[PDB]
**Student:** 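Looking at a complex of R-econazole and Cytochrome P450 164A2 here.
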Amino acid sequence: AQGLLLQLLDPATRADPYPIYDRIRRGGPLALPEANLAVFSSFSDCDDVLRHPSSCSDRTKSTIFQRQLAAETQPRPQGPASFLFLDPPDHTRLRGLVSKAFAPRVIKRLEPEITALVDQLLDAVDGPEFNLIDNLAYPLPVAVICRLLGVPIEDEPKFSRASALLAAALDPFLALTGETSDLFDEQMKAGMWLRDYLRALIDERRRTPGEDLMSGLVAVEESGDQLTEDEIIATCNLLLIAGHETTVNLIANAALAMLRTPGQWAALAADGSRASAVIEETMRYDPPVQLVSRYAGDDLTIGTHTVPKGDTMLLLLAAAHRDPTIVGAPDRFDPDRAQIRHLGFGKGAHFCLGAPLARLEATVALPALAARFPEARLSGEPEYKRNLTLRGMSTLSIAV
Ligand code: HEM
Ligand SMILES: Clc1ccc(CO[C@@H](Cn2ccnc2)c2ccc(Cl)cc2Cl)cc1
Ligand SMILES: Clc1ccc(CO[C@@H](Cn2ccnc2)c2ccc(Cl)cc2Cl)cc1
Ligand code: NA
(Lines of atoms letter the chains of each structure in order from A and count residues from 1; the text may use other names and numbers.)
(Lines give C-alpha, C1' and ligand atoms only; values in the text may rest on other atoms or scores of the structure.)
(Ligands and ions follow the chains in the order given, each with its own letter.)
Protein backbone atom coordinates (compact mmCIF):
# COMPACT_ATOMS: atom_id res chain seq x y z
CA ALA A 1 0.00 0.00 0.00
CA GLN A 2 2.69 2.47 1.09
CA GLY A 3 4.94 1.27 -1.76
CA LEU A 4 2.40 1.81 -4.54
CA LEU A 5 1.54 5.32 -3.31
CA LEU A 6 5.24 6.26 -3.13
CA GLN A 7 5.60 5.11 -6.76
CA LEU A 8 2.65 7.36 -7.62
CA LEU A 9 4.36 10.30 -5.85
CA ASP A 10 7.68 9.64 -7.62
CA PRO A 11 8.11 12.45 -10.24
CA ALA A 12 9.51 9.89 -12.74
CA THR A 13 6.02 8.38 -13.09
CA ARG A 14 4.23 11.67 -13.78
CA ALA A 15 4.49 11.14 -17.55
CA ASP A 16 2.46 7.91 -17.28
CA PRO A 17 0.85 7.26 -13.84
CA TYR A 18 -1.96 5.12 -15.25
CA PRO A 19 -0.41 1.64 -14.88
CA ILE A 20 0.04 2.52 -11.16
CA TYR A 21 -3.50 3.99 -10.91
CA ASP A 22 -4.99 0.83 -12.45
CA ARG A 23 -2.85 -1.33 -10.14
CA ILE A 24 -4.12 0.62 -7.11
CA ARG A 25 -7.75 0.30 -8.25
CA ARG A 26 -7.42 -3.46 -8.84
CA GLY A 27 -5.98 -3.81 -5.32
CA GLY A 28 -9.09 -2.26 -3.75
CA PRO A 29 -9.54 0.48 -1.12
CA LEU A 30 -6.43 1.19 0.96
CA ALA A 31 -7.11 1.33 4.71
CA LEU A 32 -4.29 3.14 6.51
CA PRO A 33 -5.67 4.21 9.94
CA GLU A 34 -2.07 4.55 11.21
CA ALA A 35 -1.50 7.50 8.86
CA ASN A 36 -5.09 8.78 9.30
CA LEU A 37 -5.60 7.97 5.62
CA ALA A 38 -7.96 6.06 3.36
CA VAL A 39 -7.44 5.84 -0.42
CA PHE A 40 -10.33 5.10 -2.80
CA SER A 41 -9.87 4.46 -6.51
CA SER A 42 -12.93 2.66 -7.92
CA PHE A 43 -15.74 4.73 -9.48
CA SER A 44 -18.27 3.35 -6.96
CA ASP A 45 -16.14 4.25 -3.92
CA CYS A 46 -15.17 7.72 -5.17
CA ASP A 47 -18.79 8.48 -6.09
CA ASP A 48 -19.98 7.33 -2.64
CA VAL A 49 -17.46 9.55 -0.79
CA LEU A 50 -18.44 12.59 -2.89
CA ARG A 51 -22.10 11.82 -2.03
CA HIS A 52 -21.74 10.89 1.64
CA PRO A 53 -23.49 13.35 4.04
CA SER A 54 -20.59 12.88 6.50
CA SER A 55 -17.88 13.85 3.95
CA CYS A 56 -16.37 17.22 4.86
CA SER A 57 -14.20 19.66 2.91
CA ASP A 58 -13.48 21.84 5.97
CA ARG A 59 -9.93 21.35 7.32
CA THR A 60 -10.87 21.79 11.01
CA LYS A 61 -12.30 18.25 11.04
CA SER A 62 -9.08 16.76 9.61
CA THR A 63 -6.90 14.90 12.15
CA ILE A 64 -3.79 15.49 9.99
CA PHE A 65 -4.54 19.24 9.87
CA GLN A 66 -4.90 19.33 13.69
CA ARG A 67 -1.61 17.42 14.15
CA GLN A 68 0.23 19.71 11.69
CA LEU A 69 -1.02 22.82 13.53
CA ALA A 70 0.07 21.44 16.91
CA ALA A 71 3.61 20.70 15.64
CA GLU A 72 4.14 24.17 14.09
CA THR A 73 6.49 26.52 15.98
CA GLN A 74 4.92 29.73 14.63
CA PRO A 75 1.44 31.08 13.92
CA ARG A 76 0.33 30.70 10.30
CA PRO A 77 0.15 34.03 8.43
CA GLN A 78 -3.20 35.84 8.43
CA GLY A 79 -5.50 35.02 5.50
CA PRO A 80 -7.77 32.30 4.03
CA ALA A 81 -4.75 30.65 2.33
CA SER A 82 -3.54 29.57 5.77
CA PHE A 83 -7.01 29.23 7.33
CA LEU A 84 -10.69 30.10 6.76
CA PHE A 85 -13.58 28.32 8.47
CA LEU A 86 -16.80 27.96 6.48
CA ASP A 87 -19.90 26.10 7.68
CA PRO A 88 -22.22 24.52 5.06
CA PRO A 89 -24.42 27.68 4.87
CA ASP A 90 -21.33 29.90 4.32
CA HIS A 91 -20.26 27.62 1.50
CA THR A 92 -23.73 27.54 -0.12
CA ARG A 93 -23.91 31.35 0.08
CA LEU A 94 -20.51 31.75 -1.63
CA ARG A 95 -21.34 29.24 -4.39
CA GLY A 96 -24.64 31.03 -5.05
CA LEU A 97 -22.89 34.36 -5.63
CA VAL A 98 -20.10 32.89 -7.79
CA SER A 99 -22.38 30.58 -9.83
CA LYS A 100 -24.31 33.54 -11.29
CA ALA A 101 -21.11 35.01 -12.73
CA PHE A 102 -20.00 31.59 -14.01
CA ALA A 103 -23.34 30.44 -15.45
CA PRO A 104 -22.93 28.96 -18.97
CA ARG A 105 -24.99 31.76 -20.59
CA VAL A 106 -22.90 34.46 -18.86
CA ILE A 107 -19.64 32.67 -19.73
CA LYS A 108 -20.86 32.19 -23.34
CA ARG A 109 -20.48 35.98 -23.81
CA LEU A 110 -16.69 35.52 -23.51
CA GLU A 111 -16.55 33.48 -26.75
CA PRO A 112 -15.73 36.42 -29.10
CA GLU A 113 -12.86 37.53 -26.81
CA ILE A 114 -11.61 33.92 -26.52
CA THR A 115 -11.88 33.41 -30.31
CA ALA A 116 -9.88 36.59 -31.06
CA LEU A 117 -7.34 35.52 -28.41
CA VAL A 118 -7.00 32.01 -29.91
CA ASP A 119 -6.64 33.50 -33.41
CA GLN A 120 -3.92 35.95 -32.30
CA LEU A 121 -1.99 33.28 -30.37
CA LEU A 122 -2.11 30.89 -33.33
CA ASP A 123 -1.10 33.75 -35.67
CA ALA A 124 2.05 34.12 -33.53
CA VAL A 125 3.03 30.43 -33.78
CA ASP A 126 6.22 29.67 -35.73
CA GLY A 127 7.61 26.38 -37.06
CA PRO A 128 9.36 24.01 -37.36
CA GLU A 129 8.46 23.11 -33.74
CA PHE A 130 6.69 25.00 -30.97
CA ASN A 131 5.75 24.55 -27.32
CA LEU A 132 1.96 24.30 -27.14
CA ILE A 133 2.12 25.18 -23.43
CA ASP A 134 3.91 28.52 -24.00
CA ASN A 135 2.10 29.46 -27.23
CA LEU A 136 -1.53 28.55 -26.52
CA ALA A 137 -2.45 26.20 -23.66
CA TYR A 138 -1.10 28.41 -20.85
CA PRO A 139 -1.54 32.05 -22.05
CA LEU A 140 -5.18 31.71 -23.18
CA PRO A 141 -6.85 30.87 -19.82
CA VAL A 142 -4.41 33.24 -18.07
CA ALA A 143 -5.51 36.16 -20.27
CA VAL A 144 -9.19 35.29 -19.65
CA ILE A 145 -8.83 35.08 -15.84
CA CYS A 146 -6.73 38.27 -15.62
CA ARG A 147 -9.40 40.27 -17.47
CA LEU A 148 -12.25 38.61 -15.54
CA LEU A 149 -10.67 39.43 -12.16
CA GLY A 150 -9.40 42.82 -13.40
CA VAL A 151 -5.78 41.89 -12.70
CA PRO A 152 -3.21 44.06 -14.57
CA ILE A 153 -1.21 42.07 -17.16
CA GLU A 154 1.99 43.76 -15.92
CA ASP A 155 1.72 41.85 -12.62
CA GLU A 156 0.97 38.52 -14.34
CA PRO A 157 4.52 37.11 -13.95
CA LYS A 158 4.03 37.42 -10.16
CA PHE A 159 0.53 35.89 -10.32
CA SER A 160 2.00 33.09 -12.45
CA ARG A 161 4.63 32.41 -9.76
CA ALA A 162 2.13 32.40 -6.88
CA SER A 163 -0.41 30.20 -8.73
CA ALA A 164 2.23 27.63 -9.71
CA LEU A 165 3.45 27.47 -6.09
CA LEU A 166 -0.04 27.24 -4.57
CA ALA A 167 -1.24 24.72 -7.18
CA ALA A 168 1.59 22.40 -6.09
CA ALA A 169 0.70 22.92 -2.40
CA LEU A 170 -2.51 20.96 -3.05
CA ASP A 171 -0.48 17.73 -3.41
CA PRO A 172 -1.21 15.35 -0.49
CA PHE A 173 2.47 15.19 0.53
CA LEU A 174 1.77 15.34 4.28
CA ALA A 175 -0.88 12.59 4.12
CA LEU A 176 1.35 10.25 2.08
CA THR A 177 4.93 10.85 3.30
CA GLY A 178 4.26 12.03 6.87
CA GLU A 179 6.18 15.27 6.29
CA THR A 180 5.54 18.64 4.59
CA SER A 181 6.65 19.80 1.12
CA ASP A 182 10.14 21.16 0.38
CA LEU A 183 8.41 24.18 -1.21
CA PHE A 184 6.47 24.87 2.02
CA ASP A 185 8.27 28.17 2.75
CA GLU A 186 7.77 29.54 -0.79
CA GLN A 187 4.11 28.46 -0.74
CA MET A 188 3.61 30.35 2.53
CA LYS A 189 5.21 33.47 1.02
CA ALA A 190 3.14 33.20 -2.18
CA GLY A 191 -0.01 33.00 -0.03
CA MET A 192 1.12 36.08 1.90
CA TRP A 193 1.90 38.10 -1.23
CA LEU A 194 -1.41 37.21 -2.92
CA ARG A 195 -3.39 38.17 0.19
CA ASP A 196 -1.68 41.59 0.43
CA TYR A 197 -2.04 42.25 -3.30
CA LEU A 198 -5.73 41.27 -3.46
CA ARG A 199 -6.43 43.30 -0.31
CA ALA A 200 -4.85 46.34 -2.02
CA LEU A 201 -6.86 45.66 -5.20
CA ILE A 202 -10.11 45.29 -3.19
CA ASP A 203 -9.52 48.75 -1.66
CA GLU A 204 -8.83 50.26 -5.10
CA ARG A 205 -12.09 48.75 -6.40
CA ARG A 206 -13.98 50.30 -3.46
CA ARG A 207 -12.85 53.80 -4.50
CA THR A 208 -12.89 53.10 -8.25
CA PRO A 209 -14.88 49.99 -9.29
CA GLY A 210 -14.43 48.35 -12.71
CA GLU A 211 -16.57 45.95 -14.75
CA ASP A 212 -14.58 42.93 -13.51
CA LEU A 213 -15.78 40.15 -11.18
CA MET A 214 -13.67 41.40 -8.25
CA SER A 215 -15.40 44.81 -8.50
CA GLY A 216 -18.74 42.97 -8.60
CA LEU A 217 -17.93 41.08 -5.39
CA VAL A 218 -16.80 44.29 -3.66
CA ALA A 219 -20.19 45.89 -4.44
CA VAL A 220 -21.97 42.92 -2.80
CA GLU A 221 -19.54 43.17 0.15
CA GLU A 222 -20.26 46.92 0.44
CA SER A 223 -24.06 46.51 0.22
CA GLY A 224 -24.46 44.08 3.14
CA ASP A 225 -22.87 41.47 5.42
CA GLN A 226 -23.64 38.79 2.78
CA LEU A 227 -19.91 38.87 1.91
CA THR A 228 -16.70 39.68 3.81
CA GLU A 229 -13.34 40.88 2.46
CA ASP A 230 -11.68 37.63 3.57
CA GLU A 231 -14.28 35.63 1.63
CA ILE A 232 -13.50 37.76 -1.46
CA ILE A 233 -9.77 37.05 -1.03
CA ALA A 234 -10.44 33.31 -0.62
CA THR A 235 -12.70 33.28 -3.68
CA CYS A 236 -10.17 35.22 -5.78
CA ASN A 237 -7.32 32.94 -4.66
CA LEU A 238 -9.32 29.93 -5.83
CA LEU A 239 -10.29 31.53 -9.16
CA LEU A 240 -6.80 32.87 -9.91
CA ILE A 241 -5.19 29.43 -9.41
CA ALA A 242 -8.00 27.78 -11.38
CA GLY A 243 -7.31 30.29 -14.17
CA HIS A 244 -3.59 29.49 -14.26
CA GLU A 245 -3.34 25.76 -13.55
CA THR A 246 -6.38 23.86 -14.90
CA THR A 247 -7.66 24.58 -18.44
CA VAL A 248 -4.03 24.62 -19.64
CA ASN A 249 -3.95 20.88 -18.93
CA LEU A 250 -7.34 20.14 -20.46
CA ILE A 251 -6.11 21.77 -23.69
CA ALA A 252 -2.64 20.19 -23.57
CA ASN A 253 -3.77 16.72 -22.45
CA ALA A 254 -6.35 16.67 -25.27
CA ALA A 255 -3.76 17.74 -27.85
CA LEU A 256 -1.39 15.02 -26.58
CA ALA A 257 -4.09 12.33 -26.67
CA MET A 258 -5.09 13.25 -30.24
CA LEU A 259 -1.43 13.13 -31.33
CA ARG A 260 -0.93 9.76 -29.58
CA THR A 261 -4.06 8.21 -31.16
CA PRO A 262 -3.79 7.67 -34.97
CA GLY A 263 -6.35 9.67 -36.98
CA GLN A 264 -7.71 11.71 -34.05
CA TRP A 265 -5.88 14.97 -34.85
CA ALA A 266 -6.78 14.73 -38.55
CA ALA A 267 -10.42 13.97 -37.64
CA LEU A 268 -10.77 17.15 -35.55
CA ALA A 269 -8.94 19.18 -38.22
CA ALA A 270 -11.51 18.00 -40.79
CA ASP A 271 -14.50 18.31 -38.42
CA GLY A 272 -14.54 21.01 -35.72
CA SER A 273 -17.75 19.62 -34.19
CA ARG A 274 -15.71 16.77 -32.63
CA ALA A 275 -14.36 19.29 -30.08
CA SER A 276 -16.87 18.49 -27.31
CA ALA A 277 -16.39 14.70 -27.59
CA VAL A 278 -12.58 15.10 -27.57
CA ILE A 279 -12.83 17.32 -24.46
CA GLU A 280 -15.09 15.01 -22.42
CA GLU A 281 -12.98 11.98 -23.36
CA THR A 282 -9.84 13.87 -22.26
CA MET A 283 -11.58 14.67 -18.95
CA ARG A 284 -12.09 10.92 -18.51
CA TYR A 285 -8.86 9.55 -20.04
CA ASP A 286 -6.30 12.12 -18.86
CA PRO A 287 -7.96 14.35 -16.20
CA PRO A 288 -6.38 17.77 -15.42
CA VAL A 289 -7.33 17.29 -11.74
CA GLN A 290 -6.11 13.79 -10.85
CA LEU A 291 -7.50 13.49 -7.33
CA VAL A 292 -9.59 15.18 -4.63
CA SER A 293 -9.79 14.78 -0.85
CA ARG A 294 -12.53 14.71 1.79
CA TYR A 295 -12.41 14.30 5.56
CA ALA A 296 -14.64 12.06 7.66
CA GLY A 297 -16.90 14.35 9.72
CA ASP A 298 -17.94 11.27 11.67
CA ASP A 299 -17.25 7.52 11.64
CA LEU A 300 -18.51 6.41 8.22
CA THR A 301 -18.74 3.44 5.86
CA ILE A 302 -17.81 3.37 2.15
CA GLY A 303 -18.95 0.04 0.71
CA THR A 304 -17.70 -2.32 3.42
CA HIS A 305 -14.72 -0.13 4.35
CA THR A 306 -15.05 1.91 7.57
CA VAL A 307 -13.32 5.30 7.88
CA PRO A 308 -12.62 6.67 11.38
CA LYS A 309 -13.76 10.21 12.21
CA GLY A 310 -11.18 12.84 11.24
CA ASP A 311 -9.29 10.74 8.68
CA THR A 312 -8.39 11.95 5.18
CA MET A 313 -10.03 10.17 2.25
CA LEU A 314 -8.08 10.58 -1.00
CA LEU A 315 -10.12 9.91 -4.12
CA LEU A 316 -8.08 8.85 -7.14
CA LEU A 317 -10.33 10.23 -9.89
CA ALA A 318 -7.82 9.31 -12.61
CA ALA A 319 -8.19 5.66 -11.53
CA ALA A 320 -11.99 5.89 -11.16
CA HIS A 321 -12.30 7.06 -14.78
CA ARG A 322 -10.70 3.81 -16.00
CA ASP A 323 -12.97 1.46 -13.99
CA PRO A 324 -14.15 -1.45 -16.21
CA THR A 325 -17.51 -1.55 -14.37
CA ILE A 326 -18.44 1.87 -15.79
CA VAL A 327 -16.65 2.04 -19.17
CA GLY A 328 -15.63 -0.42 -21.91
CA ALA A 329 -12.00 -0.43 -23.12
CA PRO A 330 -11.19 2.03 -20.27
CA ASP A 331 -7.50 2.54 -21.11
CA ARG A 332 -8.20 3.59 -24.71
CA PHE A 333 -8.65 7.21 -25.81
CA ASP A 334 -11.77 7.11 -28.01
CA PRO A 335 -13.85 10.29 -28.54
CA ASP A 336 -16.38 8.20 -30.51
CA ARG A 337 -17.35 6.08 -27.47
CA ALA A 338 -20.59 6.29 -25.51
CA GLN A 339 -19.35 8.79 -22.92
CA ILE A 340 -19.67 8.30 -19.16
CA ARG A 341 -20.67 10.96 -16.66
CA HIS A 342 -17.08 11.33 -15.42
CA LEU A 343 -15.96 12.89 -12.12
CA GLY A 344 -13.43 15.28 -13.68
CA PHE A 345 -15.32 18.38 -12.57
CA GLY A 346 -16.29 16.74 -9.26
CA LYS A 347 -19.97 16.46 -8.35
CA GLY A 348 -22.66 17.47 -5.88
CA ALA A 349 -22.17 20.39 -3.49
CA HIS A 350 -18.60 21.07 -4.68
CA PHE A 351 -19.05 20.69 -8.48
CA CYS A 352 -16.71 22.87 -10.56
CA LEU A 353 -18.29 26.27 -11.22
CA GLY A 354 -15.60 26.94 -13.83
CA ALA A 355 -16.62 23.93 -15.93
CA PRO A 356 -18.53 26.02 -18.53
CA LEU A 357 -15.57 28.42 -18.89
CA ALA A 358 -13.01 25.59 -19.11
CA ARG A 359 -15.11 23.78 -21.74
CA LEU A 360 -15.62 26.99 -23.73
CA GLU A 361 -11.90 27.82 -23.68
CA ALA A 362 -10.99 24.31 -24.90
CA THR A 363 -13.89 24.12 -27.40
CA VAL A 364 -12.54 27.21 -29.17
CA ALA A 365 -8.81 26.42 -28.79
CA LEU A 366 -8.58 22.76 -29.90
CA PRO A 367 -10.43 22.72 -33.26
CA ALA A 368 -8.75 25.99 -34.29
CA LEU A 369 -5.39 24.44 -33.35
CA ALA A 370 -6.06 21.27 -35.37
CA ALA A 371 -7.48 23.19 -38.36
CA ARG A 372 -4.52 25.61 -38.40
CA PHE A 373 -2.00 22.74 -38.29
CA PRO A 374 -3.52 19.54 -39.77
CA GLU A 375 0.01 18.19 -40.40
CA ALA A 376 0.89 18.43 -36.68
CA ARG A 377 3.08 15.77 -35.06
CA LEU A 378 4.32 15.25 -31.49
CA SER A 379 8.06 15.84 -31.95
CA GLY A 380 9.31 14.38 -28.65
CA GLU A 381 8.20 12.95 -25.31
CA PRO A 382 6.59 15.72 -23.20
CA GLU A 383 8.03 17.35 -20.09
CA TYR A 384 5.91 17.23 -16.91
CA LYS A 385 5.74 19.36 -13.76
CA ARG A 386 6.18 17.81 -10.31
CA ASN A 387 2.45 18.38 -9.58
CA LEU A 388 0.43 15.24 -8.81
CA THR A 389 -3.04 16.72 -8.18
CA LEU A 390 -3.03 19.55 -10.74
CA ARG A 391 -0.86 17.48 -13.08
CA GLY A 392 0.35 18.91 -16.36
CA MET A 393 3.06 19.45 -18.95
CA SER A 394 5.52 22.35 -18.98
CA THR A 395 6.62 21.40 -22.52
CA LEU A 396 4.48 19.85 -25.26
CA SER A 397 6.47 20.09 -28.49
CA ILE A 398 4.56 20.01 -31.79
CA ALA A 399 6.16 19.77 -35.25
CA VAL A 400 4.73 21.99 -37.99
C1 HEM B 1 -10.60 21.89 -17.08
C2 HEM B 1 -10.30 22.68 -16.05
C3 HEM B 1 -10.86 22.43 -14.63
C4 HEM B 1 -10.99 21.26 -13.98
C5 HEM B 1 -10.61 19.86 -14.52
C6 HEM B 1 -11.55 21.52 -12.67
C7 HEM B 1 -11.85 20.59 -11.70
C8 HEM B 1 -12.52 20.81 -10.51
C9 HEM B 1 -12.93 19.80 -9.55
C10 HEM B 1 -12.68 18.28 -9.70
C11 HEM B 1 -13.55 20.42 -8.54
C12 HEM B 1 -14.16 19.74 -7.29
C13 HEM B 1 -13.23 19.85 -6.09
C14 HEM B 1 -13.64 18.90 -4.98
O15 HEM B 1 -14.68 18.20 -5.11
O16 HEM B 1 -12.93 18.83 -3.96
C17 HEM B 1 -13.55 21.85 -8.81
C18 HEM B 1 -14.09 22.85 -8.03
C19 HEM B 1 -14.17 24.21 -8.31
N20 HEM B 1 -13.80 24.84 -9.49
FE21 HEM B 1 -12.76 23.85 -11.01
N22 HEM B 1 -11.75 22.88 -12.57
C23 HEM B 1 -11.34 23.48 -13.74
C24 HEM B 1 -11.37 24.83 -14.02
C25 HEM B 1 -11.95 25.83 -13.25
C26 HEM B 1 -11.98 27.25 -13.57
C27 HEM B 1 -11.35 27.89 -14.83
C28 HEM B 1 -12.63 27.88 -12.58
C29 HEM B 1 -12.92 29.39 -12.46
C30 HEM B 1 -11.92 30.27 -12.48
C31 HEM B 1 -13.03 26.88 -11.60
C32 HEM B 1 -13.75 27.11 -10.45
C33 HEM B 1 -14.02 26.21 -9.45
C34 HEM B 1 -14.58 26.55 -8.16
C35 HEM B 1 -15.00 27.95 -7.65
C36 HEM B 1 -14.68 25.22 -7.41
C37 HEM B 1 -15.18 25.01 -5.98
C38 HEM B 1 -16.66 24.70 -5.94
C39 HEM B 1 -16.99 24.41 -4.49
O40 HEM B 1 -16.06 24.16 -3.67
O41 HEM B 1 -18.18 24.42 -4.14
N42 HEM B 1 -12.60 25.65 -12.05
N43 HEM B 1 -12.91 22.04 -10.02
CL1 LIG C 1 -17.67 29.36 -5.15
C2 LIG C 1 -16.57 29.13 -3.77
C3 LIG C 1 -15.85 30.22 -3.27
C4 LIG C 1 -14.98 30.04 -2.19
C5 LIG C 1 -14.85 28.77 -1.63
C6 LIG C 1 -13.92 28.58 -0.46
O7 LIG C 1 -13.01 27.51 -0.75
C8 LIG C 1 -12.12 27.27 0.34
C9 LIG C 1 -11.69 25.81 0.34
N10 LIG C 1 -12.85 24.99 0.66
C11 LIG C 1 -13.38 24.79 1.88
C12 LIG C 1 -14.47 23.97 1.73
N13 LIG C 1 -14.59 23.69 0.42
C14 LIG C 1 -13.58 24.32 -0.23
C15 LIG C 1 -10.93 28.15 0.26
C16 LIG C 1 -10.48 28.61 -0.99
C17 LIG C 1 -9.37 29.44 -1.06
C18 LIG C 1 -8.71 29.82 0.10
CL19 LIG C 1 -7.28 30.90 0.00
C20 LIG C 1 -9.16 29.37 1.35
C21 LIG C 1 -10.28 28.54 1.43
CL22 LIG C 1 -10.86 27.96 3.03
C23 LIG C 1 -15.57 27.69 -2.13
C24 LIG C 1 -16.43 27.87 -3.20
CL1 LIG D 1 -4.21 28.94 -1.06
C2 LIG D 1 -5.47 28.02 -1.94
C3 LIG D 1 -6.46 27.31 -1.25
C4 LIG D 1 -7.43 26.61 -1.96
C5 LIG D 1 -7.41 26.61 -3.36
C6 LIG D 1 -8.45 25.85 -4.14
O7 LIG D 1 -7.89 25.50 -5.41
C8 LIG D 1 -8.84 24.93 -6.30
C9 LIG D 1 -8.55 25.51 -7.69
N10 LIG D 1 -9.32 24.78 -8.71
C11 LIG D 1 -8.89 23.71 -9.38
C12 LIG D 1 -9.90 23.32 -10.22
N13 LIG D 1 -10.93 24.17 -10.03
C14 LIG D 1 -10.56 25.07 -9.10
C15 LIG D 1 -8.73 23.44 -6.27
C16 LIG D 1 -7.47 22.84 -6.19
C17 LIG D 1 -7.35 21.45 -6.16
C18 LIG D 1 -8.49 20.66 -6.21
CL19 LIG D 1 -8.36 18.87 -6.17
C20 LIG D 1 -9.75 21.25 -6.30
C21 LIG D 1 -9.86 22.63 -6.32
CL22 LIG D 1 -11.51 23.33 -6.43
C23 LIG D 1 -6.42 27.32 -4.04
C24 LIG D 1 -5.45 28.02 -3.33
NA1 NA E 1 -16.44 23.56 -1.56
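By the PDB entry numbering, chain A shows 15-414, in order. Counting starts at 1 for both ligands and their atoms, in listed order.
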**Student:** Which ligands or chains in the shown structure match R-econazole?
**Tutor:**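 Every copy is at ligands 2 and 3.
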**Student:** Binding site of R-econazole (ligand 2): which residues fall under 4.0 Å, heavy atoms only?
**Tutor:**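 Heavy-atom neighbours of R-econazole (ligand 2): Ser71, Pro94, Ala95, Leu98, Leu100, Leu108, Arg109, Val112, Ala248, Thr249, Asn251, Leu252, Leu367.
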**Student:** Going by the atom numbers of R-econazole (ligand 2), which of them fall below 4.0 Å from some non-hydrogen atom of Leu367?
**Tutor:**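 Once the distances to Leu367 are compared, the set is 1 (Cl).
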**Student:** Under a 4.0 angstrom heavy-atom cut-off, which atoms of R-econazole (ligand 2) come close to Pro94?
**Tutor:** 18 (C), 19 (Cl), 20 (C)
**Student:** How far is atom 7 (O) of R-econazole (ligand 2) from the closest protein heavy atom, and which atom is that?
**Tutor:** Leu252 CD1, 4.0 Å
**Student:** Would you mind running through R-econazole (ligand 2) and noting each atom that sits below 4.0 Å from a heavy atom of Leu100?
**Tutor:** 6 (C)
**Student:** Got the closest protein heavy atom to atom 3 (C) of R-econazole (ligand 2), with its distance?
**Tutor:**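 Protein heavy atom with the smallest distance to atom 3 (C) of R-econazole (ligand 2): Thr249 OG1, 3.6 Å.
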**Student:** Just wondering, does anything else (ligand or ion) get under 4.0 Å from R-econazole (ligand 2)?
**Tutor:** ligand 1 (protoporphyrin IX containing FE), ligand 3 (R-econazole), ligand 4 (sodium ion)
**Student:** I'm curious, which organism is chain A from according to the PDB?
**Tutor:**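 The entry gives Mycobacterium smegmatis.
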